[PDB]
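Quick look at a structure containing bortezomib (bound form).
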Amino acid sequence: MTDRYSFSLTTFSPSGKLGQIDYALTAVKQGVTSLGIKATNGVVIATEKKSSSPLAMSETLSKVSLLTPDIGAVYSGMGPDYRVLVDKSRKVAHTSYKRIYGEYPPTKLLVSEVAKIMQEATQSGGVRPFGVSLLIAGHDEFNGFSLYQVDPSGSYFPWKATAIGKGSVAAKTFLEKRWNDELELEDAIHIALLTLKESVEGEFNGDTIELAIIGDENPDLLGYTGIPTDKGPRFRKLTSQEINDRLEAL
Amino acid sequence: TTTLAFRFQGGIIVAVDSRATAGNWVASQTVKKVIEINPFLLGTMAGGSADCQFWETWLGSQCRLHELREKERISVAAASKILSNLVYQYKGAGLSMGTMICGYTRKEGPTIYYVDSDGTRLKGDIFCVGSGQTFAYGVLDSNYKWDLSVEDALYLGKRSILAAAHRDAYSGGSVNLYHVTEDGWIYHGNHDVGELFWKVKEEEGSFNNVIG
Amino acid sequence: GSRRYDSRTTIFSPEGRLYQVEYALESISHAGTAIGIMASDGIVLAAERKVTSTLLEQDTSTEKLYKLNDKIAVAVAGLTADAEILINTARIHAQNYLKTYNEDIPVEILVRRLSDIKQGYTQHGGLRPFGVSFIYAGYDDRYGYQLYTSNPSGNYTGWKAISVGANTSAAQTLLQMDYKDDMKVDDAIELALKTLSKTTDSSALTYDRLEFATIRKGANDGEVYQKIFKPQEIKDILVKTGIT
Amino acid sequence: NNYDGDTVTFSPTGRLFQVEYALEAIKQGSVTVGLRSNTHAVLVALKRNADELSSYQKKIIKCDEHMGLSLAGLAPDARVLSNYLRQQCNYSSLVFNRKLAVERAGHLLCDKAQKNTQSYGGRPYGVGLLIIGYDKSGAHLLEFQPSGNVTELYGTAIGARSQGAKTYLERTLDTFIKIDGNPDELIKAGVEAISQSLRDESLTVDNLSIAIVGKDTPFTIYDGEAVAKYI
Amino acid sequence: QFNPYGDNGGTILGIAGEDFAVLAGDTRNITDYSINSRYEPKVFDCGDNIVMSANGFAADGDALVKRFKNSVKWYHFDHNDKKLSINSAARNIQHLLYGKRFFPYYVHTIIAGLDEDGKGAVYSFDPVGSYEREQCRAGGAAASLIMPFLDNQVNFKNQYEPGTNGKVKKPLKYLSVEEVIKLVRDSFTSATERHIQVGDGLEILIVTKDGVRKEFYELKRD
Amino acid sequence: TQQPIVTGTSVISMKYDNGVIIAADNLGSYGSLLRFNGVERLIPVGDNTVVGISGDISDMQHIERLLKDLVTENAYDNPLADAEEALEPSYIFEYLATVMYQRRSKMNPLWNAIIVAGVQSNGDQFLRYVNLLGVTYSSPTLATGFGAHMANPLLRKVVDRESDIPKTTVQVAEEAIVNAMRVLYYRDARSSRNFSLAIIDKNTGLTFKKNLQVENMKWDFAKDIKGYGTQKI
Amino acid sequence: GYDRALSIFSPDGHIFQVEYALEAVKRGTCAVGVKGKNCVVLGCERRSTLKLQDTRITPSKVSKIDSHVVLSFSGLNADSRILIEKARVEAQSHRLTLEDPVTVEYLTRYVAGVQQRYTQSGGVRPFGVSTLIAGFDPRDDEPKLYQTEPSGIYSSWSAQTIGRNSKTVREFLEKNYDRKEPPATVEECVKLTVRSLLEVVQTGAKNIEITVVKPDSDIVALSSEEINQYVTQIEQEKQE
Amino acid sequence: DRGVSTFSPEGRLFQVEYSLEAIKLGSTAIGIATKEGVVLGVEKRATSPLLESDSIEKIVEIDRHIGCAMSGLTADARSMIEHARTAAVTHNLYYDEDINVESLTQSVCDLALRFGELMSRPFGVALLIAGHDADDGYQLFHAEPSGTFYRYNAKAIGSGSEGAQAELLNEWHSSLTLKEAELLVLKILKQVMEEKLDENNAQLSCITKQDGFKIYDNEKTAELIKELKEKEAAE
Ligand SMILES: *[B]([O])([O])[C]([C][C]([C])[C])[N]C(=O)[C]([C]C1=[C][C]=[C][C]=[C]1)[N]C(=O)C1=[C]N=[C][C]=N1
Ligand SMILES: [Mg+2]
């Protein structure tokens, strides 16, 4: 046995292209549409819960995931690759930061750590790149609210708003017309629901849409009282009912 | 053990005793405390017999490999440093050595290095090593000159070991003499102390304390 | 076994070229142009971001210009992810040197170290090389202001003015034409922006498509200041030099 | 064809070509004969020279006081395998105060050769061996193939033109098995057997190599004028 | 605490003649004040006309002899059945012993045989591998009782010629195999009387160009 | 390095004209506490060997498993496992001796004293000792622990040297062994009355006797003994 | 680890990776070495395709391995740094253990050994570099000049050139260098080295580097003006 | 591609067979064994007149009683020589004696097949190992990259080998003197060499029991060349 693939499976072609990264991006293109919008007092990330079967319980499959109390992530592309990245991202937030500085990492640095993991799958021996693009929304004290995209290459860019996957080209055009620097969080959620309806074919409701926000601190979700400086997580996943309420004012 | 070596006009004199002890028990009176590393290099032995033997015949293998590779006689400096660097690796483990590496080359001339199991490496003109080193030092320091004849130098070395053989309980047996010149070392015989003492006493007029 | 699938990234062509290095350089030629210009009283780093969007958060964005320490900075051309791996290694090397000798690392020593790492990926390990070219802008008390470049081959060279990435052939000709030895930073700022303005594949050069930085002894008395320009500050210098 | 690049690849008909190619190296090797009675076991080997100035390549290797073999094929591979046998015979003696059984020695060689046929990177051994020995169950003769297959026989031959000697032994089976307490006659039968594999060349004094082991006979090799008696 | 060493007593004696060599040793094996065996062979024929004994801690002694016998076997395999000369065996044993310099074989080793000129040879080792060719050597428990006797009766030490009074030494005339065996037997008889770990039996191995011969003699069993 | 916890006392043995006898009591002591009263310390290997073990019982049980495993391993690919290529006493001993010395050399000994008694293929008697130090020796009589001090003197009166072995019958030898076991019961404070005895004969094979007891003991004279000197009542 | 055998034999008995490494040397800028009676001179080509270069800080072609030995090269620049570093470490290691600086032959033998090791080690490619190693042994006034190549073979040369158009300058040296009477002075030796490069270089401006090594650790690099004076004098004699 | 340790359909290792081709391209080396000693000679083959020919070291000392000549990719030989020298000295350390020439050769040949995917390829050089010991007297061995070694009375390796071997076939007899062998090596080298043989482009050496292994001076060889010319003109 032994892993005898100690050589790179991603290499430069004569034209200067990294084939496996390009093909990984193609896999992301086929993936279901997800988006992110940044407001003045918050960030929203959203995607469609494309259920593989009506017998399947789609609540058990979480496309939008908490990484830290103030950082969340959503994807487009290969779900399993995303799942293991979330596991690694959650762990690296502790090992390379919280166990050193006694606090959670700021969004940009956690993004940087995730990017590093995705870059190494693009150069290390005997592995293919991750077949996902991530959208990471988060808040921290000194940088405020922020939204980042991370690609299979490991490259990451900050966005005011953006979309990835199936209908990203049309969705990004839709967001360019609607976005401004004076949006409140509720306005961003409204725009997110409008933008997402265009790329969805079938049912469009709280049970087929997954949507989370980075907003105000939630002391009701903290789990304990007695420490003034601990005010609760800014990440909150919207309920099926909370989504449907905003679909009536749509 | 008493071993000495000193530089002079005619090259180097090396003189050693022959006794080996385990406590008060005299284990051997016929020990070869000088090793012929090659036709030009000598090593003296003091402390642990095995340690000195093993690592100095090993030194001869390293010196041979040097001159096979470099097509040139190894220097006394380089040879002595191979041994000192080796024992330094083993420092703390319990090696027990006190050695003189003696040789003659064109670039160096006659050269002596004191090498030690604590890692000490010293170049010098005169060295005495062993339990009876202090006794040998007395005779040497009072009679040493640069302008000694090969004949007189050889005797001084012989006499200095004899002095120590008498007083030091852990030295004795016999005296092995070597003379090192440009053209290699030259052995100058085994001299039994049991005969040498009475000879020197009579001829030299020394040891008037002892009755003969 | 596994041999079947091995690309063999570290081999010579019949002509004596390293396939992967050459192809990595081809990759870099499509990256945004980065320019470095060295003057008597400082160094300029200018770089073009690649086809951006209006929804990109520019003020918190960094893809071209990175800080290695207080005295040394780099401009990137190639894969950003690959560059960040090397940048973090370089930042550590500078700190190791500072801890060991209690002096800031000389620019060349840092450049040589990163270049040696790149070289390793071309000779052993069977891995693909880093698709990155750097422009190093730095200062130390031996050689003063210095410009270097390194590429995926691990080869590095010193410069008075240099470009990497896209349209270097056109860019280098323009720099070679207008550069003079007694030039000053303010003049070099203008030269860098004028060169990008002519070589750019975009319709017009604007503040949102640029990253800019200066290393000046324009710091209060005998010391050196790094200035990573803000979006508004790039907009002002574009008006000052008369490009917008 | 497409399935002979390495040892880790079966062909569509279930063949291992690298093993078969290793088997071919034996057929190119010089002839050697093995045979036994109930009291003694004999090896006879035709040695091969490079030219007239050269020496004749040695074919027989001693493994223990009671065991040894003859080779045909890649000689360095025989050195590796004989070295392994020397160690295994020696482990048996040091640890268990026990002379290694010839049958068990064959089992150990089989398993060592097998590992080289199932793993990537390595290669099969390119040599065939004839092991003779005398242990607690009398005289023995083994034939080792680098496929891993080991076989206990009354007599056999391997190498180029070995089929002639093998047929002769198949006829003489009832005669030579009965040659008990007579080493010289058992060797004669072995020399007569190997002679059925000769063409153009004949058995000379520096050409012939003979070895014997038996009841009260340690494994000993005969070369030079010591085999002139049998020419 | 566990003590990995022990003392099995015993005594050995090697004497080199002009064209022969003997290596003798008592057959008693002990711990503390008990006898383990009255006949436990201690001197071994190792092949190539070499005899060996490793006296002291028997477990280390058996291990060393076993490993040397093994070294002789592999010397034949690796160097075309070449005879291992006594000087070469001695150097080989130095490396076996020094290999465990920091966890020594707690034994006094002696080998005997003939050198390459056919003359008698005895070599003596300490536990960590220092060695030297010798004409005479006793090892083990009663070595201190035997060696002085051998200095006097083999090398004629402190003996002079009558009438000259100390001027002329007693000449060093050679000793026959019959003469040496007499001195060996008297050495062990004397050692048995005054040393509690010596007795039961004496086994002598004699080495000549013809091969290795054995002789056994009873010793007092108290 | 450890210390022995649950321990077994003397193992005694001797050669006779046609074979060997070995014996050991059935006690497993825990210091001065006579904890376990049904411990078998003679372990047969095939029908030609018996291994007697003293010292640490946990290590004994480990050795017992090694010997059980040795028989299994010898049978593998061995058509003559019950004939010419069966395990010999000399093979079994040398194996144990190798293990004992290797373990002492790693400073982690099997805290035991072992006697391997058996008969070889050619009918020769085998009797050899090995202990935690890897020390080995052979003798017409062998004993461990207290047996060495008390049994050997009695057994050496029957077979004093090699030439006494053919003159010693199995009845005389067994009698001597049984007497020695009684003496050890009188005088060893870590012994028991119950013991096992094994005879390996070249003609009648292996006879393994369990649940033997020390009998014909002299205690009556105790009634006359009063005080420690001057006391009369 | 990556163990792949990259340097292997071909049916005609060639190791192509080693031979392709020589092609990389053929591409490299020309380097020349000439030894006089009491000196050695190392000449090096600088391709003038690169102007706007900073010549103060740009890696110089000739590298000091110790105070008495220098190393120039032709081929891959990045590869040469690895050899130079190893050589410099070995030079200090030799002083530390032998208490004497390396001989020029020893240093060459080491560098050549490294180059050879990379031709039969798994996972690595050969160095695309040939070197000229020059200097003076300790306490010796005899000039030394050696050459190495990717295969690992090395040898001593009265005069030698490597790199692009080295065939032409070797042609020049073979007719112009007399063994019975080598360049007696520093001037004569430098002049012959500049002359040889002028057969290939193009312009005699900043395209020629010259480094003179003399006995007892006396090493100096000539400046542009000093070299320019040789260039001037050579062509003025040629106009005849 | 294909394994480095792959067998061909004929039952030969591809890489070993290819390394033999590299040895055929190497410069000629000749060895002749006599009862008075063994002579070793090589073609230096300098690629240019500016190359100082005395720096070409294709004959090498392993020990005082063993010498060695090489042919093929001579850079590969350095680690083989280093191993040989170490083996020779190490054996003297362990056994206080000279090592047998065959045992030395066997040790060198053990390295040969230590290649795979250990070193990445076989050695591209053949060796002629000549020496003397007390047991088997004067000996000459031919060590290949296959791991095989043959003893020879005389042997030629390199580019002019089969032509030289045929010449050695006729000329060698068991009563050759050392002087006769020296001239014989010079004669055959001169025959197969491209350039004209002289003391600068050819080198001689020998191993005798008394003096051990000696590489001949260019002055000493020059006389033997002059002695050769005269004796060939004598008939
Ligand atoms: B000398 O006295 O140092 C001597 C030199 C040695 C090379 C033979 N050493 C010994 O005699 C030592 C003991 C000792 C005594 C005094 C100072 C230091 C050491 N003895 C041994 O090495 C020895 C003893 N018995 C047998 C073998 N070796
Ligand atoms: Mg007594």
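Chain identifiers are assigned alphabetically (A, B, ...) following the order of the sequence lines, protein sequences preceding nucleic acid strands; residue numbering begins at 1 within each chain. One-based numbering, in listed order, for ligands and for the atoms of each. We show just part of the entry here, counting contacts only within that part.
Across the structure, bortezomib (bound form) can be traced to ligand 1. Per UniProt, the macromolecule making the most contacts with bortezomib (bound form) here is Proteasome subunit beta type-5. Chains touching bortezomib (bound form) with a heavy atom below 4.0 Å, listed by letter, come to B, E. Here a covalent bond ties bortezomib (bound form) to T1(B) OG1. Inside a radius of 4.0 Å around bortezomib (bound form), no other ligands or ions are present. The nearest UniProt-listed active-site residue of chain B with respect to bortezomib (bound form), heavy-atom distance given to 1 Å, is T1(B), 1 Å. PDB entry name of chain E: Proteasome subunit beta type-6. By chain and number, the binding site of bortezomib (bound form) (heavy atoms under 4.0 Å) reads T1(B), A20(B), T21(B), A27(B), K33(B), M45(B), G47(B), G48(B), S49(B), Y170(B), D126(E), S130(E).
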